[PDB]
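The structure described below contains felodipine.
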Amino acid sequence: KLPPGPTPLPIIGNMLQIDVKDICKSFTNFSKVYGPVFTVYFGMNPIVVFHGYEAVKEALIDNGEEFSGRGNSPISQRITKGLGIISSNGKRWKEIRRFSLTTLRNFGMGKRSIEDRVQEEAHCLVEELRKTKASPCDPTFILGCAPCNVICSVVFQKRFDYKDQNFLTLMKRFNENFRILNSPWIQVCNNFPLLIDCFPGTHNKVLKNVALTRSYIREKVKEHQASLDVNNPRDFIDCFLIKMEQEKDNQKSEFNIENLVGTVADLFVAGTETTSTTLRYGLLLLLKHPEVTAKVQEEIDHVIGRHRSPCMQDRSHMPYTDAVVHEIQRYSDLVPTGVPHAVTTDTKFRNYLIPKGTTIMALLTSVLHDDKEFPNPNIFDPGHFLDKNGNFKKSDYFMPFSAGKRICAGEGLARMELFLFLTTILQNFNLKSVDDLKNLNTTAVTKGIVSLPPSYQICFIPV
Ligand code: HEM
Ligand SMILES: CCOC(=O)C1=C(C)NC(C)=C(C(=O)OC)[C@H]1c1cccc(Cl)c1Cl
Ligand SMILES: CCCCCCCCCCCCCCCC(=O)O
């Protein structure tokens, strides 16, 4: 007894009824007819959609174990092979994630904290921006280099110089693969596997980049193996290699070189383009809202000053900036459909029964835009996370990282990168628009797995 939904056509399901360019819009329209929980078919594949806070919470949190599975696809299994953290399930997922979470703690990988790595990067970032000489530029590239380098310093210990060719090509490959995987065409191909044959060049391009990135990570890990100091872990790779030694006797161990390469790649995949996009969107919203930027820079002046680089301790004394960062994530709505889940067993949800392995879609965007929790949800307003006295007001509806047992495995790092990159940038620069601010639109242009802000130019004027 699956939840009701639009009547599917024999082979293509409800595909012709949904806009592949803005699936969330189609799902939202369906919730107005069928309610908070409904079933749609993409080809022969059923997908139960959860719309609204009550439905999303009950699924991801109150029935967390049952809803902790990762909804997989033919393309995912072909790229990852079920290795790593993003696309794995069962025992492998639990072990790799548990380890990943503990080593991604601020001091979970040695004497050097993750925060110190992000601060060094925030510093290198402001220096690259100074080289633009306050002239108009598309910040896309420079803003993408920082989060990528953060992951690099987290897994390879040392960051790369921005001019390093190995860094440049490594970044271009992840960029190429991101663009292909962000296309509405992958939705069609995942549900109609035969159509993948209609894209030989793209298929080969993706496979090639994954192969090259794989061998690169493997060359890096071999370097770590021949210089490992068990008492002094330098990064993520050292920690994994140390765990592998402790599990050397057990042959049914998930901690092997195969899962290590996949996990490192996954951190890059899940942590580079997502943070980069939020950083771009953030600067766009700050550019468009001068009044908001001013109050943030004022709070920075008061709590941090002009002679010291910001740090995470400062966030506790900067409620407005915290509210701004939260509002940037709520408004930007990066992953509107969330990442697909799958129930681990036959699950009972209210008066419905969802069979094992069925794909789950918890609409994060429907929570982020709840019109009661956030009056006027389509307006960017830091007040949505501020109380009557200007203090930070937390929200149960703040789910940009999803919720439950599968919530973003790098949420702390993500929030840290956002707070630090934005405060360090605004401490050293003012944001100038080329044209009039009225002409600047902030509505997301594309919505296919990852919502992207419109293209824009900006001038970084040193304070
Ligand atoms: C502002 C940027 C980011 C946002 C909004 C974000 C969002 C999310 C979301 C919505 C998911 C899917 C959760 C689910 O399964 O329901 C996810 C998963 C994940 N995130 Fe992030 N993320 C970001 C950055 C990071 C960073 C910096 C890292 C790197 C350590 C990272 C690592 C992961 C991983 C490994 C997963 C998969 C977890 C699993 O399957 O168990 N993310 N993230
Ligand atoms: C930012 C790029 O993310 C991806 O390319 C994803 C992959 C490799 N796989 C799947 C299953 C994803 C998806 O369908 O998202 C809707 C993403 C992904 C994985 C983990 C975290 C995030 Cl935020 C994303 Cl977008
Ligand atoms: C080994 C992994 C194989 C993965 C194969 C994935 C195939 C995806 C095909 C996507 C086609 C994208 C077309 C984009 C068109 C455009 O906008 O220019």
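Quick note: residue numbers are just sequence positions, from 1. Order of listing sets the numbers, starting from 1, for every ligand and every atom in it. Just so it is clear, the values below take in all heavy atoms, side chains as well, and ignore hydrogens, waters and symmetry mates.
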> For felodipine, what are all the matching ligand numbers or chain letters?
Replying inline: ligand 2
> What is the name in UniProt of the chain with the largest share of contacts to felodipine (ligand 2)?
Replying inline: Cytochrome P450 2C8
> Which atoms of felodipine (ligand 2) sit under 4.0 Å from any heavy atom of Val335?
Replying inline: 23 (Cl)
> Nearest protein heavy atom to atom 8 (C) of felodipine (ligand 2), by residue and atom, and its distance?
Replying inline: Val269 CG1, 3.6 Å
>> Could you tell me, atom by atom, which parts of felodipine (ligand 2) come under 4.0 Å of a heavy atom of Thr274?
In response: 1 (C), 23 (Cl)
> If you count the atoms of felodipine (ligand 2) from 1 in the order shown, which ones are under 4.0 Å from a heavy atom of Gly338?
Replying inline: 16 (C)
>> At less than 4.0 angstrom from any non-hydrogen atom of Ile449, what atoms of felodipine (ligand 2) do you find?
In response: 14 (O), 15 (O), 16 (C)
> Looking at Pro340, which atoms of felodipine (ligand 2) are within less than 4.0 Å of one of its heavy atoms?
Replying inline: 14 (O)
> Would atom 1 (C) of felodipine (ligand 2) count as contacted, meaning some protein heavy atom under 4.0 Å?
Replying inline: yes
> What protein heavy atom sits nearest atom 19 (C) of felodipine (ligand 2), and how far away is it?
Replying inline: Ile86 CG2, 3.9 Å
> If you count the atoms of felodipine (ligand 2) from 1 in the order shown, which ones are under 4.0 Å from a heavy atom of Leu181?
Replying inline: 5 (O)
>> Counting non-hydrogen protein atoms only, what is the nearest one to atom 24 (C) of felodipine (ligand 2)? Give residue, atom name and distance.
In response: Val339 CG2, 3.8 Å
> Can you list the atoms of felodipine (ligand 2) that are under 4.0 Å from a heavy atom of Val450?
Replying inline: 25 (Cl)
